[PDB]
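First up is the structure itself, then whatever we jot down about it.
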Amino acid sequence: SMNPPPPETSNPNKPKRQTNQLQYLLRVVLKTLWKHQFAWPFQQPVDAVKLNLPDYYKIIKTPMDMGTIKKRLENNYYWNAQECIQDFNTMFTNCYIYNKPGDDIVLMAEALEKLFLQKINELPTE
Ligand SMILES: CO[C@H]1CC[C@H](n2c([C@@H]3CCCC(=O)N3c3ccc(F)c(F)c3)nc3cc(-c4c(C)noc4C)ccc32)CC1
């Protein structure tokens, strides 16, 4: 099987706005997770061809990753902060769907998710 194309990251037909919460999601939340020791597997779409995982995209139909999330933020793809938070959650739960619970990559995603939730609790008002 081929890989699917990556998720859309820009849509000129979607309205665009800057908000304090979206800026925080980019400049603090995403940046902190990006620099975490376990970030590398989550920095781009899963290359199931390279990883020899022919069933990945048979099981995962809503792929999401931090490279896509960051591009979405940079392209003003999200109107509401909750849309971005949803994509982070999708990334984590995809890992928990595809992989067996004791697997190293699941433990790594759990560590990233714990830090994510801490940073989301510091989201500013507005
Ligand atoms: C830019 O090149 C990429 C970097 C991440 C590489 N990678 C790796 C590399 C190569 C394969 C073996 C290995 O140990 N990897 C690795 C290497 C260094 C790390 F710091 C690390 F956390 C993992 N493992 C990946 C696992 C996943 C994954 C996700 C997310 N959900 O389910 C699975 C399976 C995704 C990517 C993985 C694949 C090539």
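Since chain A takes its numbers from the PDB entry, the residues it shows come out as 42-167. When a ligand or atom number is given, it counts from 1 through the structure's own listing order.
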Problem - Binding partner of ligand 1 (most contacts, the PDB entry) - result: Bromodomain-containing protein 4
Practice task
Report the name of the drug modeled at ligand 1.
Solution key: inobrodib
Handout entry: Element-labelled atoms of inobrodib (ligand 1) that are located less than 4.0 Å from some non-hydrogen atom of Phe83
Key = 30 (C)
Handout entry: Main UniProt domain of chain A at the interface with inobrodib (ligand 1)
Key = Bromo 1
Practice task
For atom 6 (C) of inobrodib (ligand 1), state whether the nearest protein heavy atom is under 4.0 Å away.
Solution key: no
Problem - Sub-4.0 Å heavy-atom contact, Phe79 with inobrodib (ligand 1) - result: no
Exercise for the section: Specify the source organism of chain A, per the PDB record. Expected result: Homo sapiens
Practice task
Using non-hydrogen atoms of the residue, decide whether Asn140 is closer than 4.0 angstrom to inobrodib (ligand 1).
Solution key: yes
Problem - Numbered atoms of inobrodib (ligand 1) (with element) below 4.0 Å of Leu94, judged on heavy atoms - result: 34 (C)
Problem - Contacting atoms of inobrodib (ligand 1), where contact means under 4.0 angstrom from a heavy atom of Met149 - result: 22 (F)
Exercise for the section: Define the binding site of inobrodib (ligand 1) at 4.0 Å using heavy atoms, by chain and number. Expected result: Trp81, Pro82, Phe83, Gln85, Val87, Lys91, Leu92, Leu94, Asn140, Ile146, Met149
